[PDB]
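Cefoxitin (bound form) complexed to Beta-lactamase, as determined in this entry.
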Amino acid sequence: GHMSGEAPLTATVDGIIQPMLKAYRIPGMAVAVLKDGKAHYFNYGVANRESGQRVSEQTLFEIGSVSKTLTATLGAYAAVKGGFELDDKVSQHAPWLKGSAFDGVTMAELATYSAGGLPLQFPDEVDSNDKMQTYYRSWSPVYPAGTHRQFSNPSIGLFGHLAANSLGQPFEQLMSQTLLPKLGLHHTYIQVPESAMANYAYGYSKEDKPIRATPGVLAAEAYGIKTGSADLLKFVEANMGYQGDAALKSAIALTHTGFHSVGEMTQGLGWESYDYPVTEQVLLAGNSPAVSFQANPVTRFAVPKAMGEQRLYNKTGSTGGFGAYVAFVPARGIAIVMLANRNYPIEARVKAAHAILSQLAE
Ligand SMILES: *C(=O)[C@](NC(=O)Cc1cccs1)(OC)[C@@H]1N=C(C(=O)O)C(=C)CS1
Ligand code: NA
Ligand SMILES: [Zn+2]
Ligand SMILES: [Zn+2]
Ligand SMILES: [Zn+2]
Ligand SMILES: [Zn+2]
Ligand SMILES: [Zn+2]
Ligand SMILES: [Zn+2]
């Protein structure tokens, strides 16, 4: 429909989301959108299947790799505050990495998954800090630095860890005591406090059992965040146009810089972006396993470039029991957050988000 208003918007969102929840047996979903910069909220189903607690915009969901947009923002903030420069070698900020392959990898390459084939996940027995250091010290590059994109927890994890260390504070502390309060995200956590536990959904695994994320090496950096639709939309709004702390503004802007592309997707700090308008087929391809999660040679940029407001920025994320998607278009005043307590197919996330974004654009 080519008309706007509360009536067509609700017809579209309910019409897109309700069938999808049935098709994938999603217990609960929180959805929030921006249109002309104004927010609308839709909640469906249950946070906890046993208790029947209903999802609201306060329900906490694991957002998986969407956490990496906050990790990247924290890393950008530390760069703006002078802790490191993006072209710095990684071992300039980790004395224990001098004389390793990380003498030849930049902080930017580590943040953008282009260090040379760091894997999706740490090997299973890299499960302590000591083992982690040995792991990176001994790592042998699969590809030359800057040439290939391979999405990787170890890569963005180390970026966030070292960025925090450059300011002399642990990552979780910097996130919880500085980044989140300055962003005004008061119900967003890496470690959910006992007072907020009643709002934390359970995830429902592929075997249909309750599950939540567990501690792990660089888990905070790679997949640490639990949040609701209202807080996550607030973070989106800070990305649509932020006025305030100059340092935080600069940091957010730095997450909108493009470093290289794979096909029609441009990799920034945290956020991945597209042209806007963008077709459903392109958005699906950019988020498909072949592109998003396997090794690809990149189209290198001569210099990193501010991608600007006429872009669709996005990120997918998942954990064992949860499936999240966020997309926004700063110039157009439109965005979508979709948080669910099932890890359901990214293709379904993208098709639903595209359809809703097309109505928001009217
Ligand atoms: C981000 O969603 C992703 N996963 C996480 O951050 C959380 C985890 C899920 C399993 C172990 S940690 O970043 C690595 C996705 N994780 C996987 C994966 O299952 O290895 C993907 C293939 C998509 S990226
Ligand atoms: Na850390
Ligand atoms: Zn139209
Ligand atoms: Zn409304
Ligand atoms: Zn072990
Ligand atoms: Zn360290
Ligand atoms: Zn607070
Ligand atoms: Zn921007």
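Numbers for residues simply follow the sequence, beginning at 1. Both counts, for ligands and for their atoms, begin at 1 and track the order of listing. Hydrogens, waters and symmetry mates are skipped; everything else that's a heavy atom, side chains included, is used.
Within the model, the positions assigned to cefoxitin (bound form), copies included, correspond to ligand 1. At a heavy-atom cut-off of 4.0 Å, the residues contacting cefoxitin (bound form, ligand 1) are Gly64, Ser65, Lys68, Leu120, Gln121, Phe151, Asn153, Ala222, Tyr223, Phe293, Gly317, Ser318.
In terms of protein heavy-atom proximity, atom 14 (C) of cefoxitin (bound form, ligand 1) is closest to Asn153 OD1, 3.1 Å. For the pair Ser65 and cefoxitin (bound form, ligand 1), the shortest N or O to N or O distance falls below 3.5 Å. The protein atom (non-hydrogen) at minimum distance from atom 22 (C) of cefoxitin (bound form, ligand 1) is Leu120 CD2, 3.7 Å.
The distance from cefoxitin (bound form, ligand 1) to the heavy atoms of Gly317 drops below 4.0 Å at these ligand atoms: 2 (O). Contacts under 4.0 Å between cefoxitin (bound form, ligand 1) and other ligands or ions: none.
Looking from atom 8 (C) of cefoxitin (bound form, ligand 1) to the surrounding protein, the closest heavy atom is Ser318 O, 4.0 Å. Short contacts between cefoxitin (bound form, ligand 1) and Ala222, defined as distances under 4.0 Å to a heavy atom of the residue, involve ligand atoms 6 (O). Lab note: covalent bond from cefoxitin (bound form, ligand 1) modeled to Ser65 OG. Among protein heavy atoms, atom 12 (S) of cefoxitin (bound form, ligand 1) sits closest to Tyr223 CE2, 3.6 Å.
Counting atoms of cefoxitin (bound form, ligand 1) from 1 in the listed order, those under 4.0 Å from a heavy atom of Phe151 are 13 (O), 14 (C), 24 (S). Checking atom 16 (N) of cefoxitin (bound form, ligand 1) against the protein gives no heavy-atom contact under 4.0 Å. Taking atom 20 (O) of cefoxitin (bound form, ligand 1) as the reference point, the nearest protein heavy-atom neighbour is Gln121 NE2, 2.9 Å. The source organism of chain A, per the PDB record, is Escherichia coli.
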